[PDB]
S.K.: 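Sharing a structure, written as structure tokens. Questions coming.
One is the number of the first residue; the rest follow in order along the sequence. Start at 1 and go down the list; that is how both ligands and their atoms are numbered. The basis for the numbers below is simple: all heavy atoms, side chains too, and nothing from hydrogens, waters or symmetry mates.
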Amino acid sequence: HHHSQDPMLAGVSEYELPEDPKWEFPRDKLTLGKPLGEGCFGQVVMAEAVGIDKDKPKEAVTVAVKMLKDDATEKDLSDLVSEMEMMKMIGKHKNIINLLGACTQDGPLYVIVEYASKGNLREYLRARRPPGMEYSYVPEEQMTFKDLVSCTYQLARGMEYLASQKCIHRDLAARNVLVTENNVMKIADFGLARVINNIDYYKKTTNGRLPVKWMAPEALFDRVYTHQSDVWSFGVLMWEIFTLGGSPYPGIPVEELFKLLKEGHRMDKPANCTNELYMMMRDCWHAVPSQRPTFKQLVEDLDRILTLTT
Ligand SMILES: *CCC(=O)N1CC[C@H](n2nc(C#Cc3cc(OC)cc(OC)c3)c3c(N)ncnc32)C1
């Protein structure tokens, strides 16, 4: 209840955006809270939004608010506005992080999206590992095989939707998946139409990730990003899930990786994986993009296995 809720006027604010009343959320009903992790494009913070849910208009809801740093550039603003406008176009699905609203007027740009209490899939899985795997300080919340299949099936449904809405993710991985209070799998950073300079697929990111380990060959060499290149990434995502937060091509330097994939070597079958499920992973990792399965096929396959295990 500080000066984040206090309106900004004409003659102080640095930029003016256009308002869409359908999407606009009033600043005085938004209460900014604890910041959610460092890194990625801009800042994300927890907040309480009163009446953001039209199914409970008098009830305050916990939301995540994406915003710009105080040293952000004209392009950083443009890139955030484009991400917002693309999420409006792509529309809503259960298994993606959804645009709830925006504060575009009377101060800095806030983009309000669904809050996921259980955090990202990697940290969610690692925490819910059984005894016998690397863990550090709930037994009821421990994962079963059915839960790993269910989790995979949900993310396939999500990607089927994004793909049907002409959306190419380009960075599908466990770190860009979030898990809600009711264990719903939601895909994140899917709106990013961002162009990047200063590329380095050898140097590790802030939290030690090498995003090249999720990239399809044609995405690396030719910078060709399609729905089929997303399917390769979904393959590596499947590995992450069935290793319960396993780091792909573990201990393999980036140089060796390119040579390894060229020679036709892929990652080994995880312990918790079935032969049927591993053949799905290996189908995703076909060198030829057109020989990979579509997300429509992955959903139908995973729906079949999920009804069987149950
Ligand atoms: C950006 C820093 C980061 O990666 N975090 C991971 C965990 C934590 N965290 N981030 C989000 C988010 C988000 C988000 C924002 C936008 O802005 C338009 C779009 C989007 O999908 C397209 C996703 C978190 C949420 N929602 N809940 C909990 N932790 C979150 C920081």
S.K.: So what's the drug over at ligand 1?
M.R.: TAS-120 (bound form)
S.K.: Write down the name, per the PDB entry, of the macromolecule bound to TAS-120 (bound form) with the most contacts.
M.R.: Fibroblast growth factor receptor 2
S.K.: Look up the UniProt domain of chain A with the most contacting residues for TAS-120 (bound form).
M.R.: Protein kinase
S.K.: What does the deposited model list as the covalent connection for TAS-120 (bound form): residue and atom, or none?
M.R.: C40 SG
S.K.: Which UniProt-listed ATP-binding residues of chain A does TAS-120 (bound form) come close to, with any heavy atom under 4.0 Å?
M.R.: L36, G39, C40, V44, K66, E114, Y115, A116
S.K.: What does the PDB entry report as the organism for chain A?
M.R.: Homo sapiens
S.K.: Which residues are in the binding site of TAS-120 (bound form), using 4.0 Å as the heavy-atom cut-off?
M.R.: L36, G39, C40, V44, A64, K66, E83, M87, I97, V111, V113, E114, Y115, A116, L178, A188, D189, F190
